[PDB]
Amino acid sequence: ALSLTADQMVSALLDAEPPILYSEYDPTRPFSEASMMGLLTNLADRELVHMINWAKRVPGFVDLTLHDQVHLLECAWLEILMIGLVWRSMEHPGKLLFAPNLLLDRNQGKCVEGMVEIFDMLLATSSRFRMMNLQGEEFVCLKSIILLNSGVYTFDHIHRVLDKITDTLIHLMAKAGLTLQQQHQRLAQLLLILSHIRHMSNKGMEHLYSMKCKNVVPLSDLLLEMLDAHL
Amino acid sequence: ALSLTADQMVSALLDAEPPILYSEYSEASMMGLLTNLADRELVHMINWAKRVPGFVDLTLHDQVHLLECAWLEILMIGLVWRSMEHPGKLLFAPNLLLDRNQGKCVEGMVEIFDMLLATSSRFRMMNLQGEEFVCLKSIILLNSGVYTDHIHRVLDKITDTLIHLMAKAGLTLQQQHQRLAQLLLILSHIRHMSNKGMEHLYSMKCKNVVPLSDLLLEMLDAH
Amino acid sequence: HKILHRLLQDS
Amino acid sequence: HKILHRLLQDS
Ligand SMILES: C[C@]12CC[C@@H]3c4ccc(O)cc4CC[C@H]3[C@@H]1CC[C@@H]2O
Ligand SMILES: C[C@]12CC[C@@H]3c4ccc(O)cc4CC[C@H]3[C@@H]1CC[C@@H]2O
């Protein structure tokens, strides 16, 4: 709970990581706007099932009422998918590794109307992760912060857990040998990225709502309700 | 510029603060008041930005860019800061103090009111200080469009500055780091509110409820 | 209850 | 030659 060491907090978070899943990309045919949206949302839908279970493993999360768990996840789900994607994409300049068999560049983004500008923000965020040399331990911290933070001012136990994740991030930076000044500077650079992720999430949400509204792709019931939660 | 002391950063930011503007003494009249206000505030925001240390060192292409990305975030955090002392009410101007139910006067507006009120309530629970506020606002300007090395150096010095204020308030290291994170996680919620506000302002521009100025129009179209 | 309120209960 | 651009250089 709140009695975790920094390291216990890190291990629990590394342990709780979801799998990297595959898309059902079919290479026999070219992309259309509809089949690409079909692929992306099919993937997101399956990742969502793992996210629900992952979140229950984030310290403190299951201590909340079921209504607050619903609320935080509904609020943060696309942010979490997005920060996962960006982390998966760190090693692939100019590309987004949605799945190991679904690696897309900006020109493939152009297949879905409105999509390429969102690809671009995601690609830039991946470069930022790259230039910063974001570590896996910092990533799992950030992703949990997103879960607990993004709906929290749709309003104190959550602030104590959030405080503990901060302690943990600092501890890692201290453990990686950064100076005291570098610790707060990097702490800030990392958290400021969450602003960019919220933004991409808001545009992504707006875009998906638009695809649904044009009947471009059928959405699973979960995805649908996750989307209604927000247009 | 990058060689200001922590206090010189605080002094300079407090010095650059725009004035608090006033309003005039239905859905069309309330949108009129709000957008007329924002328009006049935007002009004061342009001049404030140039007084944010490091800002005039950028090209004008980037100056435009950061202001277009951030302007509603900037109005909103200003709005929230003014409202901090008035639980349940938004101090748009000293003679325009709107309580929550007046948001219902405009379609879609009451939900944005609630987000703003929740943020103000959050400033209140944190006991945010004015020196911290001027830091967050400068951070929004330089951060929000920064990815769409010098400005990362200016951002680092503003972080240095926030920490200095917390150290000076007698906070321990653990408390400094914790408050720095709490303060910055709030920028995430202000981004959210800006994106929703932008979507609301655009729906109003298309519905022709209200006349919007050229400046305001171009700031909205950048999104 | 919404779909998610019920998936959140699976063990 | 946008508005904001010349406003960025006044007196
Ligand atoms: C939400 C969208 C479909 C699903 C996409 C996805 C799908 C899976 C995933 O793991 C990450 C992302 C990020 C981008 C998302 C897209 C942005 C716009 C599009 O509508
Ligand atoms: C942009 C809106 C009009 C201008 C409003 C304003 C006007 C002045 C100000 O100082 C802050 C804000 C934040 C909320 C803004 C509104 C959110 C929705 C509305 O369209």
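Every chain is numbered from 1 and lettered A, B, ... according to where its sequence line falls, protein lines coming before strand lines. When the header is checked for method, it gives X-ray crystallography, 2.3 Å. Read the numbers this way: they start at 1 and go in the same order the structure lists the ligands and their atoms.
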**Message:** Could you tell me the main partner of ligand 1 here, using whatever name UniProt has for it?
**Reply:** Estrogen receptor
**Message:** Quick one: do you know the drug at ligand 1?
**Reply:** estradiol
**Message:** I'd like to know the other chains touching estradiol (ligand 1) at heavy-atom distances under 4.0 Å, if you can.
**Reply:** A
**Request:** Considering the heavy atoms of A:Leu208, write down every atom of estradiol (ligand 1) situated less than 4.0 Å from one of them.
**Result:** 20 (O)
**Message:** Any of the residues UniProt assigns to 17beta-estradiol binding in chain A within less than 4.0 Å of estradiol (ligand 1)? Only heavy atoms count, please.
**Reply:** A:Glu47, A:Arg88, A:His207
**Asked** Which UniProt-annotated domain of chain A makes up the bulk of the interface with estradiol (ligand 1)?
**Response** NR LBD
**Request:** With heavy atoms only and a cut-off of under 4.0 Å, state how A:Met37 meets estradiol (ligand 1): side chain, backbone, both or neither.
**Result:** side chain
**Request:** Just go through A:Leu78, A:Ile20, A:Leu81, A:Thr41 and tell me whose heavy atom is the nearest to atom 15 (C) of estradiol (ligand 1).
**Result:** A:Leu78
**Selection from A:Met51, A:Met82, A:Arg46 by shortest heavy-atom distance to atom 13 (C) of estradiol (ligand 1)** = A:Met82
**Message:** I want to confirm something. Looking only at heavy atoms, which of A:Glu47, A:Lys203, A:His207 is nearest to atom 11 (C) of estradiol (ligand 1)?
**Reply:** A:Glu47
**Asked** What part of A:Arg88, side chain, backbone, both or neither, has a heavy atom within less than 4.0 angstrom of estradiol (ligand 1)?
**Response** side chain
**Message:** Quick one: what's in the binding site of estradiol (ligand 1) at 4.0 Å, using heavy-atom distances?
**Reply:** A:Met37, A:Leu40, A:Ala44, A:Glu47, A:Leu81, A:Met82, A:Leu85, A:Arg88, A:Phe98, A:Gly204, A:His207, A:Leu208
